[PDB]
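What follows is a model of androgen receptor carrying bound testosterone.
Residue numbering in chain A adheres to the PDB entry, whereby the residues present occupy positions 671-919 in order. All ligand and atom numbering here is 1-based and tracks the order in the structure.
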Amino acid sequence: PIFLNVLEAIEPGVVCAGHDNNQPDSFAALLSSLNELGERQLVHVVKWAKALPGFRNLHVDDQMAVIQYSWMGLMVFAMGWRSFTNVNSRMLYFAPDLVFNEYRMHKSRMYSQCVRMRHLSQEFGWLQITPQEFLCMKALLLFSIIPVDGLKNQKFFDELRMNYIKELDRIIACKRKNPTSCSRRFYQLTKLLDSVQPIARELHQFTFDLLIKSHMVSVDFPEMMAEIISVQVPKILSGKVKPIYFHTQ
Ligand SMILES: C[C@]12CC[C@H]3[C@@H](CCC4=CC(=O)CC[C@@]43C)[C@@H]1CC[C@@H]2O
Ligand SMILES: Oc1ccc(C2Nc3cccc4cccc(c34)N2)cc1O
C-alpha cells in the first residue's frame, strides 16, 4: 500500500477563493474570483506534483512544463470530485466560498461548460468511483498532455507514465474474482479520463479569449495565471502541445 499511502498523504486540503459573497454575482466579479482561485490552487498543485513518487526524476524544465500544461485538467477533475462528495454533484463546488448554482452558471457566461463539468462530476456517482481510484486517476492526469515534438527527457516521462497506468490497473485489481469485471472497469476509467480532455480544452479557449479582452471587461488575472495563459496555453490552442488519449477520438 506504499504508492497509495503517499497519494493519500500529499493530497491538498481545502483551498478558498477569497470571493466576497456580499457583492452581487456579476461576470467581472465571478471570473476574477475564479482566476484568483486558479492562482491559489497553482501553488498547491506545484507542491503536490513535486512530492509525487518519481516526479523529481523528470528533467527540471519538464517538471515545469507538465504542470503548466495539465493544471486545467487536474483542477477540473478535482473540482468534479468535490462537487460529487459535497453537494452530490447538484452544483459546482469550486471552493467553500465560491459554489455555483444555476444563476452563477448563467452569469459567469460559461453555462454550457459548467453543464459539461456537472456531467463529469456525476460520472463519479454513476461509476461508483472509489477515493483510491480517484487519487490514481488524478495523478495520471498530470502525465496526460505533452508537446508533439517531445519533452527534454521523453524517455523518463514514458517510463513514469507507464508506472502510473500500472498503479491504477493495480488499485482496480486489488479486490476482484472471475474477470470480465476487471476489463470492463479499466475500460470505464480510461474512458472517464479521456473525457476530461475536451472539457479542459473548452476552458483553455475560454480563458485565453478572456485574458485578451480582460481590460474591456474588468476581469483581473493575477501574475501567474496571466503568464501561463499567454505563454503556455496558446501552445495548446495552436496544436504544439496535445493530450494523450487512451482511445482514439
Ligand atoms: C481558467 C478560469 C480560472 C480558473 C478556473 C477555470 C475553470 C475551472 C477551474 C476549477 C477550479 O476548481 C480552480 C479554478 C479553475 C482552474 C476558469 C475558467 C475561466 C477562468 O479564467
Ligand atoms: O523543477 C521545477 C519544476 C517546476 C517548477 C514550478 N512550476 C511552476 C509553474 C507555474 C507557476 C509557478 C510558480 C512558482 C513556482 C513554480 C511554478 N515552480 C519549479 C521547479 O523548480
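Taking every copy into account, the model assigns testosterone to ligand 1. Closest to atom 5 (C) of testosterone among all protein heavy atoms lies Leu704 O, 4.2 Å. In the vicinity of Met749, heavy-atom distances shorter than 4.0 Å reach the testosterone atoms 12 (O).
Judged by heavy-atom distance, the UniProt 17beta-hydroxy-5alpha-androstan-3-one-binding residues in chain A that approach testosterone within 4.0 Å amount to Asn705, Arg752, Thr877. Within 4.0 Å of atom 15 (C) of testosterone, not a single protein heavy atom is present. The entry's source annotation for chain A reads Homo sapiens. The closest protein non-hydrogen atom to atom 13 (C) of testosterone is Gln711 OE1, 3.5 Å. When each atom of testosterone is checked for a heavy atom of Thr877 under 4.0 Å away, the hits are 1 (C), 19 (C), 20 (C), 21 (O). Nearest non-hydrogen protein atom to atom 6 (C) of testosterone is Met742 SD, 4.2 Å. Of all protein heavy atoms, the one closest to atom 19 (C) of testosterone is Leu701 CD1, 3.7 Å. Of the candidates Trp741, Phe747, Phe764, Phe764 brings a heavy atom nearest to atom 9 (C) of testosterone. Ranking protein heavy atoms by distance to atom 18 (C) of testosterone, first place goes to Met780 SD, 3.9 Å. Looking at chain A, most residues touching testosterone fall inside the UniProt domain NR LBD. The nearest heavy-atom contact from the protein to atom 20 (C) of testosterone is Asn705 OD1, 3.3 Å. Contact between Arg752 and testosterone is present, with at least one heavy atom of the residue lying under 4.0 Å from the ligand.
Near testosterone, within 4.0 Å on a heavy-atom basis, the structure shows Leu701, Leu704, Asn705, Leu707, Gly708, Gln711, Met742, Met745, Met749, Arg752, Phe764, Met780, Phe876, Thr877, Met895.
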